[PDB]
Amino acid sequence: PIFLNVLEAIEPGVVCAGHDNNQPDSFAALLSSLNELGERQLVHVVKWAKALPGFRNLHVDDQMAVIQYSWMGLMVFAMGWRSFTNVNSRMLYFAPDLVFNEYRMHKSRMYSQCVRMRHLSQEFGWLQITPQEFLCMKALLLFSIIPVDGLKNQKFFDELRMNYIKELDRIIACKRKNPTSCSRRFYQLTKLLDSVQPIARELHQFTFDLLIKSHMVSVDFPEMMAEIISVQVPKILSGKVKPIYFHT
Ligand SMILES: C[C@]12CCC(=O)C[C@@H]1CC[C@@H]1[C@@H]2CC[C@]2(C)[C@@H](O)CC[C@@H]12
Ligand SMILES: O=C(O)Cc1cc(I)c(Oc2ccc(O)c(I)c2)c(I)c1
Ligand SMILES: O=C(O)Cc1cc(I)c(Oc2ccc(O)c(I)c2)c(I)c1
């Protein structure tokens, strides 16, 4: 129906990192390219978000707020999916020009986090996630993290988030023959969605600490990334902004 046509239409295409693969895989270069890629994906996330049904109706400050708090989860999720469809989750497919193998995972100094990310990617397979479910789940990640003291207009946010969860229901209910399977599916997908948060939090910690010592380890942070990671990420790391979990 209408909802799905929109999600499929506004889905971003391929985004390159600009990484020079003809150079050695050093920590400095890898992370600098990961950051450039982050900067680049940020642009598409803003456009994608503002193309989502009802998003433009949220207060403007809240629009920027939710994007600034949820981009990590959004990009990690999309990446995991790309990884599943492109290389069957055998490697982290950040970008066509930035695929991480075992060696790069280690060189990046975030090996265990990459492992968590590959596990997430694999879930798409174990759970046989359909493209429709991926799209609706991803739209939901945009509405999955807010400040403890609420947004400028929490009411509208809670209403919009509810409607997106409803859409996810339709998508689940539009296939499952029996009723015990839908309840089960919803449980599986909400668990999957929650599982994204812990991974995002770890990357939040990592990039934050990395920005602090960026000058000493020669890692470049583009403008947007540097401001968001020094202004927004810290609100998450200090507990002022928290994720919305379905389960305990
Ligand atoms: C979101 C990105 C870039 C977009 C993507 O495909 C997922 C990936 C997950 C790791 C992030 C990276 C952006 C730059 C970060 C934040 C580095 O500073 C450390 C963790 C990196
Ligand atoms: O499935 C469908 O019919 C499509 C659909 C999808 C959504 I998300 C939805 O939610 C709102 C709520 C407030 C608002 O201002 C806007 I714009 C949209 C509605 I209403 C309909
Ligand atoms: O695409 C559009 O609508 C135009 C547009 C694009 C961008 I990028 C933008 O600025 C930022 C920069 C970083 C960031 O995290 C956020 I949130 C917003 C603005 I304001 C408007």
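Numbers here simply count residues along the sequence, with the first being 1. Counting convention: from 1, in listed order, for ligands and their atoms alike. Going by what the header records, the deposited coordinates were determined by X-ray crystallography, 2.1 Å. What's counted below: heavy atoms across the whole structure, side chains too, no hydrogens, waters or symmetry copies.
Going by contact count, the macromolecule most engaged with ligand 2 is what UniProt calls Androgen receptor. Modeled at ligand 2 is a drug that PDB records call tiratricol. In this structure, the drug found at ligand 1 is dihydrotestosterone. The shell of residues around tiratricol (ligand 2) (heavy atoms under 4.0 Å) is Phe3, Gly54, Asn57, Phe156, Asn163, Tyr164, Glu167, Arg170. The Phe3 neighbourhood of tiratricol (ligand 2) comprises atoms 1 (O), 6 (C), with distances under 4.0 Å to a heavy atom of that residue. Tiratricol (ligand 2) is contacted mostly by residues of chain A from UniProt domain NR LBD. At a cut-off of 4.0 Å, no other ligands or ions are listed near tiratricol (ligand 2). Lab note: per PDB, source of chain A = Homo sapiens. Distances below 4.0 Å separate heavy atoms of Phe156 from the following atoms of tiratricol (ligand 2): 15 (O). Scanning all protein heavy atoms for the shortest distance to atom 8 (I) of tiratricol (ligand 2) gives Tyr164 CE1, 3.3 Å. Protein heavy atom closest to atom 16 (C) of tiratricol (ligand 2), with residue, atom name and distance, is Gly54 CA, 3.7 Å.
Counting only heavy atoms of the protein, atom 20 (I) of tiratricol (ligand 2) lies nearest to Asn163 ND2, 4.5 Å.
Annotation: atom 11 (C) of tiratricol (ligand 2) to nearest protein heavy atom, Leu160 CD1, 4.2 Å. When hydrogens are left out, the protein atom nearest atom 21 (C) of tiratricol (ligand 2) is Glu167 OE2, 4.4 Å; that is the closest non-hydrogen contact.
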Distances under 3.5 Å, N/O of tiratricol (ligand 2) against N/O of the protein: list each pair and its distance.
from                  : atom 1 : to     : atom 2 : distance (Å)
tiratricol (ligand 2) : 1 (O)  : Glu167 : OE2    : 2.8

